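The structure to be discussed contains toremifene.
In what follows, every chain begins at residue 1, and chains take the letters A, B, ... in the order their sequences are listed. One-based numbering, in listed order, for ligands and for the atoms of each. FYI, side chains are in, hydrogens and waters are out, and symmetry mates aren't considered; it's all heavy atoms of this structure.
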Amino acid sequence: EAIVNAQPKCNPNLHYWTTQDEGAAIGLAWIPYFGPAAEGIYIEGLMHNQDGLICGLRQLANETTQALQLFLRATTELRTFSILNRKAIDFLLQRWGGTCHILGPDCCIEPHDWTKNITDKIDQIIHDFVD
Amino acid sequence: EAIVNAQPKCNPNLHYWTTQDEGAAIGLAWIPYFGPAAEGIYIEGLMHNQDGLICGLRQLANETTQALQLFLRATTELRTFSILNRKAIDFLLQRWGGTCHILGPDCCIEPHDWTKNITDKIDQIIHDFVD
Amino acid sequence: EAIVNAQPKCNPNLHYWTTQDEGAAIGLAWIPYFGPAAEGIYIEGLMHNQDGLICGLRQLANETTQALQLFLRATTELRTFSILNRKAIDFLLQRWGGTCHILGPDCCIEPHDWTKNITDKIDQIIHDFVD
Amino acid sequence: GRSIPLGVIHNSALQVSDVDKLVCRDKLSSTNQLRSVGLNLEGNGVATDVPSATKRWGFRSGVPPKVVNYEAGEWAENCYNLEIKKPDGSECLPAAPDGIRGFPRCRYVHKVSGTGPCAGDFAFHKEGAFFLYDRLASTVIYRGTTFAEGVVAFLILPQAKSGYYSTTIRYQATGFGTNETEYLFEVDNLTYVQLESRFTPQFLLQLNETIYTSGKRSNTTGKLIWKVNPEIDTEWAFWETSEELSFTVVXXXXXXX
Amino acid sequence: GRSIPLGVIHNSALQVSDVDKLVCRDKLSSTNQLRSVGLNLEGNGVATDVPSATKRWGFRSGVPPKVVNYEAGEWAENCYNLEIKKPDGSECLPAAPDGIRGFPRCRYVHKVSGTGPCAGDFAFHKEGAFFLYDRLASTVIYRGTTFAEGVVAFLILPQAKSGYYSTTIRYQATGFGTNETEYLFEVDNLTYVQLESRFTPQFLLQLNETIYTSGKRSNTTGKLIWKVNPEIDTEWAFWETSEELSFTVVXXXXXXX
Amino acid sequence: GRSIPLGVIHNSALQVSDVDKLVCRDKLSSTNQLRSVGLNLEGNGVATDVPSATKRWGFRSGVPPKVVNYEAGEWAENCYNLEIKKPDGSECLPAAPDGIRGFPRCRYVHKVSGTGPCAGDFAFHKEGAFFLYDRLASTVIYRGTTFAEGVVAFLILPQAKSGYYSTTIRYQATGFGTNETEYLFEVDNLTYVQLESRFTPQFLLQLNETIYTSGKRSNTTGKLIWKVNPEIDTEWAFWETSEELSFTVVXXXXXXX
Ligand SMILES: *[C@@H]1O[C@H](CO)[C@@H](O[C@@H]2O[C@H](CO)[C@@H](O[C@@H]3O[C@H](CO[C@H]4O[C@H](CO)[C@@H](O)[C@H](O)[C@@H]4O)[C@@H](O)[C@H](O)[C@@H]3O)[C@H](O)[C@H]2NC(C)=O)[C@H](O)[C@H]1NC(C)=O
Ligand SMILES: *[C@@H]1O[C@H](CO)[C@@H](O[C@@H]2O[C@H](CO)[C@@H](O[C@@H]3O[C@H](CO[C@H]4O[C@H](CO)[C@@H](O)[C@H](O)[C@@H]4O)[C@@H](O)[C@H](O)[C@@H]3O)[C@H](O)[C@H]2NC(C)=O)[C@H](O)[C@H]1NC(C)=O
Ligand SMILES: *[C@@H]1O[C@H](CO)[C@@H](O[C@@H]2O[C@H](CO)[C@@H](O[C@@H]3O[C@H](CO[C@H]4O[C@H](CO)[C@@H](O)[C@H](O)[C@@H]4O)[C@@H](O)[C@H](O)[C@@H]3O)[C@H](O)[C@H]2NC(C)=O)[C@H](O)[C@H]1NC(C)=O
Ligand SMILES: CN(C)CCOc1ccc(/C(=C(/CCCl)c2ccccc2)c2ccccc2)cc1
Ligand SMILES: CN(C)CCOc1ccc(/C(=C(/CCCl)c2ccccc2)c2ccccc2)cc1
Ligand SMILES: CN(C)CCOc1ccc(/C(=C(/CCCl)c2ccccc2)c2ccccc2)cc1
Ligand SMILES: *[C@@H]1O[C@H](CO)[C@@H](O)[C@H](O)[C@H]1NC(C)=O
Ligand SMILES: *[C@@H]1O[C@H](CO)[C@@H](O)[C@H](O)[C@H]1NC(C)=O
Ligand SMILES: *[C@@H]1O[C@H](CO)[C@@H](O)[C@H](O)[C@H]1NC(C)=O
Ligand SMILES: *[C@@H]1O[C@H](CO)[C@@H](O)[C@H](O)[C@H]1NC(C)=O
Ligand SMILES: *[C@@H]1O[C@H](CO)[C@@H](O)[C@H](O)[C@H]1NC(C)=O
Ligand SMILES: *[C@@H]1O[C@H](CO)[C@@H](O)[C@H](O)[C@H]1NC(C)=O
Ligand SMILES: *[C@@H]1O[C@H](CO)[C@@H](O)[C@H](O)[C@H]1NC(C)=O
Ligand SMILES: *[C@@H]1O[C@H](CO)[C@@H](O)[C@H](O)[C@H]1NC(C)=O
Ligand SMILES: *[C@@H]1O[C@H](CO)[C@@H](O)[C@H](O)[C@H]1NC(C)=O
Ligand SMILES: *[C@@H]1O[C@H](CO)[C@@H](O)[C@H](O)[C@H]1NC(C)=O
Ligand SMILES: *[C@@H]1O[C@H](CO)[C@@H](O)[C@H](O)[C@H]1NC(C)=O
Ligand SMILES: *[C@@H]1O[C@H](CO)[C@@H](O)[C@H](O)[C@H]1NC(C)=O
């Protein structure tokens with residue numbers, strides 16, 4: 001589906017917080033004894049509404065809520081950390097969960113170079129058909 | 001292996017309970033504030049012993065217990081929710097965990113249509129070998 | 001990268017403990033009521049420093065600590081059991097996460113036998129080109 | 001240790017998926033096709049009367065409790081709910097952990113209150129089966145929380161292939177989980193019946209009915225225990241199946257014939 | 001039930017990834033490309049004043065609380081921190097579970113202390129949204145723990161594409177979470193202001209400033225409540241936007257004009 | 001932040017699997033081939049005496065504890081078990097969380113009871129290593145729970161490639177986790193020995209033996225502290241390696257020469 005923002009307003013800027021994912025730690029700062037407290041583990045970034053991404057993001061999260069809430073009703077886990085790993089697994093199963101029928105619509109195999117390795121090397125058997 | 005029911009009796013009918021997996025929520029019922037209490041999140045179904053499935057199912061669960069109990073002895077997780085995701089991962093690794101040798105016994109790739117794309121299109125080079 | 005042991009000393013022998021992974025349970029010992037207490041679920045093995053594996057292992061664990069500690073700072077899970085499953089998922093996504101371009105460097109498909117099924121069976125169309 | 005079996009359907013039959021062999025014909029397109037499932041011991045033909053059921057459970061120390069989840073279960077005829085103390089008044093079973101609720105579908109909840117020695121930290125199943133709670137299967141019994149006995153299975157499915165009544169039945173118990181356990185069915189707080197293995201739930205609800213209407217309750221401050229004579233009868237499992245009795249008073253024991 | 005949407009970018013636009021169709025062009029090379037994300041209700045234009053915000057929350061029993069995690073969030077202007085009791089002094093909200101900390105970036109923390117009937121075990125969001133804490137989104141409000149209202153999204157990304165100030169604002173409350181809720185902004189423990197929906201955070205901090213400097217605090221042991229007249233004004237969201245007032249004393253109520 | 005290393009074997013050598021490069025020759029056929037593993041600091045040659053070991057740990061607030069699991073570990077010579085209080089009697093370390101048990105294989109458990117300032121909510125490893133418990137590695141020390149110091153590794157394996165004795169050694173401690181920490185080895189509740197870094201476990205068990213048999217225990221209600229003279233000796237790690245002493249009495253301190 002497409003994302004139609006249907007909210008009263010949109011803050012077109014996302015001033016965000018998160019944890020560090022890239023970059024080596026400065027000396028001993030990685031050691032929990034020496035490192036920052038809970039308040040000081042965050043980084044920030046600022047994102048503008050290029051491609052209408054920020055406003056779509058707000059709408060996406062709004063639309064996610066129903067499915068997400070129903071999922072949480074059906075789980076007995078108190079805290080759920082596995083949603084993204086499960087999506088990765090489903091990503092793989094959608095593609096590789098059965099037999100990959102080559103040139104079928106549901107099989108992500110490209111024989112492009114393998115076509116012009118076989119059809120190109122016919123000219124070392126029909127071209128070299130020397131009498 | 002095959003499933004041999006070795007129980008004194010078998011209730012051939014499975015009157016089952018579970019949570020809803022399909023269908024949109026009726027209005028606001030998805031909102032936890034408005035939705036059903038713990039007692040009212042269940043659906044039901046009735047299954048009969050077609051293909052001897054119900055009686056096999058009872059036997060399967062009985063046979064599962066040893067392996068399952070040993071697995072729970074070896075884990076330090078208090079509550080285990082990851083068994084099915086791990087089986088999905090093992091499903092994929094069994095098939096795609098190494099290099100897929102095409103036409104090998106352990107590689108689920110079908111070149112069926114790819115055979116009759118190459119062997120069919122030889123009649124635009126040997127058939128069109130016009131002097 | 002390569003593993004350079006940079007510790008003051010190395011105990012070249014690994015006297016290890018773990019849980020049982022292979023072998024059927026002796027009678028009823030799998031039943032938690034009858035089985036061993038927490039103290040008696042362990043097996044042991046002894047490993048020597050063949051291929052310098054034990055000393056590398058010690059160094060590997062030392063080098064793992066920074067990345068591991070930073071990962072634990074960034075998670076809100078109290079106890080993390082998903083690292084290995086996530087590595088399995090990343091193993092698969094590295095290989096099968098896009099379209100597999102055959103004979104490309106990032107696509108683990110071997111057409112070895114499929115080459116000498118097609119190039120071998122050209123001698124039932126050019127060899128049997130009977131006038 | 002050994003690999004946890006996975007159920008799959010081949011040749012119109014459920015089979016354990018063979019680990020060592022690979023079947024490319026088998027298809028797992030989604031993680032929804034995987035299911036974990038709870039089946040009740042009832043459906044294998046086990047005795048479900050309280051005396052027979054409790055003899056399958058026992059106390060043990062040194063073994064940490066373990067819990068595994070399941071998505072779907074079977075409606076039970078017989079569930080159990082235990083409030084067991086030592087004779088010094090200390091609790092024998094632990095409070096239900098956060099998030100563990102009683103089994104969702106029970107036609108009869110056998111609520112046993114009483115006492116026993118409780119020689120162990122947790123109560124396990126002597127036959128290795130699980131105590132099934134609401135979508136969580138535990139190795140042990142939690143206090144005052146309704147459970148069905150059962151076992152767990154895991155399946156790969158293909159991609160294409162009356163309300164709820166519940167009645168509670170109350171029991172006193174002495175010497176719980178030992179060789180000489182005495183049970184009493186509760187009519188009211190002063191009127192009881194000596195329990196036996198042969199009494200079904202429906203017989204207990206009829207016997208209760210007959211006691212209330214015939215006026216055979218305790219009409220004093222004292223405890224009244226009705227015994228049933230062996231001649232009054234009560235090998236068929238639950239899924240395949242008046243005022244004639246005379247009561248006379250012999251604590252204050254009595255007979256019903 | 002229905003599939004949880006996953007955000008993906010096609011044709012320079014965010015879209016919900018269509019479950020039934022397979023796009024081999026889409027590439028997930030690593031589990032880092034997957035992200036879970038919290039967006040605040042603020043950014044959709046909702047009223048963030050305490051009176052309007054609290055009317056979106058309500059008490060309910062029979063529903064177990066649930067928590068889901070998220071990796072990244074949005075800096076808030078408005079967060080809330082509730083210390084609500086019943087008139088008999090018992091706590092209305094539960095202590096923060098182990099590992100749940102307050103929302104990390106709040107420009108204003110609206111700390112509401114007070115009372116109400118609290119007719120339910122947990123406080124939920126009436127509109128189905130989440131209470132966002134530090135990288136954990138809960139369905140319910142925890143006691144004395146700072147939260148932003150918000151919702152959660154999940155994304156597949158491609159592979160290539162001033163400090164922090166916080167000010168606490170304190171409120172007394174009676175009849176919390178009912179039709180007749182009365183709020184009071186706190187200047188000090190004896191000096192208060194009758195709250196209204198139209199007052200912004202910056203107006204409250206200026207009004208406070210003006211009270212302290214002009215010397216309009218309670219100079220007795222008694223409680224002092226300043227009312228603001230309707231003429232003193234205060235439809236623009238936060239991200240797109242002296243000594244003239246005269247105070248006179250009419251518990252001891254008063255007016256500011 | 002940076003990617004967690006994964007160990008793999010190439011060219012008869014353990015290597016960190018290079019993230020940016022893909023080796024199709026590498027084979028992960030099952031999730032059993034993945035292993036998480038605990039190696040002890042002992043095996044790197046660190047001082048394992050109590051005085052040297054405790055100086056590696058320290059108290060800190062503001063950092064939530066974290067726990068990660070591991071499947072296999074190394075038998076230890078030296079483990080530690082701390083019962084530390086403040087001088088006002090309050091506990092310094094938290095009770096072991098549910099499911100965290102002591103390290104399974106310890107030849108010597110150094111059980112330190114005593115006091116210190118404890119200027120922080122949790123005790124961490126100053127060198128960033130872990131406290132290894134039973135298949136759970138924590139960033140912090142739990143009260144009265146046996147641990148080995150260690151670190152964690154993760155491996156991809158290929159598909160084809162005497163009992164247990166434990167002795168407890170008891171120590172009193174003052175000023176725990178500070179620059180002036182005084183330790184005392186316990187012979188009995190009234191007989192002690194001033195500790196030093198150079199004393200090995202086997203020396204302490206021999207010194208104890210010699211004290212009991214020679215009859216040098218406290219034969220009063222008072223506390224007796226034996227000092228050892230510097231001349232009595234005791235650079236070799238554990239894995240590669242009588243009645244001559246005379247005791248005389250100088251609380252009641254004394255010397256052994
Ligand atoms: C999976 O299904 C299996 C088949 O139904 C279950 O097998 C049961 O296993 C338990 C122990 O784990 C057995 O209990 C034992 O029973 C014997 C015999 O008791 C009486 O019966 C024999 C005649 O059959 C008679 O010779 C004796 O004198 C007794 O009168 C006792 O000696 C033991 O102490 C113990 O109680 C069950 O008998 C057995 N059932 C069957 C039908 O074989 C198994 O438990 C199931 N697994 C799970 C996890 O539920
Ligand atoms: C996702 O975004 C949606 C769009 O912003 C959110 O929709 C909101 O949903 C809630 C209920 O779930 C609505 O609250 C109700 O409002 C009505 C109407 O209130 C007044 O407004 C109308 C004119 O619009 C007027 O006719 C009335 O007289 C009222 O003065 C009330 O009757 C209900 O009792 C209830 O309070 C919101 O109004 C609605 N917003 C919009 C803009 O439609 C949705 O909640 C978002 N989801 C999440 C999880 O955040
Ligand atoms: C992984 O292995 C590394 C190598 O074994 C470990 O390195 C250790 O790191 C810690 C701090 O994180 C160091 O401790 C510091 O030591 C210095 C020096 O102390 C004395 O030694 C030098 C001579 O070498 C001398 O000049 C000084 O005067 C001292 O007498 C202190 O100044 C610091 O305050 C601090 O205590 C270790 O020394 C260091 N070991 C080595 C052999 O370099 C690393 O910790 C391991 N990681 C984990 C997680 O276990
Ligand atoms: C993840 N959940 C939201 C969905 C789980 O749903 C189900 C999980 C198993 C079944 C069961 C069955 C019956 C035999 Cl497989 C079923 C499966 C597919 C479609 C219809 C019925 C079942 C099995 C044994 C015991 C109890 C039930 C039904 C629904
Ligand atoms: C797993 N963690 C250690 C890493 C998580 O890191 C991030 C998780 C999302 C984003 C977000 C964004 C902005 C729009 Cl996608 C981002 C993504 C990639 C690169 C740079 C920015 C974001 C989104 C909505 C709300 C808040 C933030 C940034 C970092
Ligand atoms: C999932 N569990 C039920 C099985 C885990 O089992 C093991 C997990 C690692 C090892 C270890 C080893 C030794 C060197 Cl890799 C091993 C691996 C395979 C076969 C035999 C031995 C090991 C490693 C470092 C420290 C301690 C042990 C052995 C067993
Ligand atoms: C329980 O009673 C029976 C009597 O037949 C017998 O097994 C035994 O004497 C008793 N068991 C124990 C453990 O005392
Ligand atoms: C009967 O006993 C129960 C359990 O002690 C008690 O809660 C209940 O109030 C009693 N009922 C009557 C009617 O006395
Ligand atoms: C016994 O009969 C009375 C009278 O109708 C009824 O109210 C009561 O619930 C019955 N007891 C049980 C255990 O069903
Ligand atoms: C009063 O007492 C006896 C039991 O002790 C009982 O059998 C009798 O029926 C009671 N009376 C009435 C009127 O029910
Ligand atoms: C709350 O007050 C208003 C008055 O207009 C009205 O909705 C109702 O009388 C009250 N609601 C309840 C539930 O008492
Ligand atoms: C004001 O009240 C709060 C809450 O009771 C209290 O903690 C604080 O000490 C008081 N401050 C002063 C200055 O009296
Ligand atoms: C009100 O003004 C005083 C005077 O500077 C200041 O100290 C206090 O923090 C202000 N109150 C709030 C809620 O900001
Ligand atoms: C003392 O009392 C009144 C409030 O009752 C206040 O308006 C007045 O300004 C105070 N006095 C001074 C000097 O501030
Ligand atoms: C600890 O004692 C030593 C004495 O040499 C010195 O480092 C310092 O004076 C003391 N440290 C502290 C923190 O007081
Ligand atoms: C020695 O002290 C310990 C710890 O206080 C105590 O538990 C034990 O009973 C004492 N032993 C003797 C023999 O007095
Ligand atoms: C000290 O020696 C006595 C005498 O045999 C022994 O019982 C005791 O356990 C020893 N102490 C330690 C700490 O091993
Ligand atoms: C009694 O006292 C002293 C220590 O004060 C000790 O050295 C001596 O050996 C003890 N007596 C005997 C007979 O062991």
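- Looking across the whole structure, one can locate toremifene at ligands 4, 5 and 6.
- Measured by close contacts, the chief partner of toremifene (ligand 4) is listed under UniProt as GP1.
- Taking 4.0 Å as the heavy-atom limit, the other chains contacting toremifene (ligand 4) are B, D.
- The binding site of toremifene (ligand 4) (heavy atoms under 4.0 Å) is made of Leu14(B), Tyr16(B), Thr18(B), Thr19(B), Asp21(B), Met47(B), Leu57(B), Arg35(D), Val37(D), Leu39(D), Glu71(D), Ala72(D), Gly73(D), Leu155(D), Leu157(D).
- This PDB entry labels chain B with the name Envelope glycoprotein 2.
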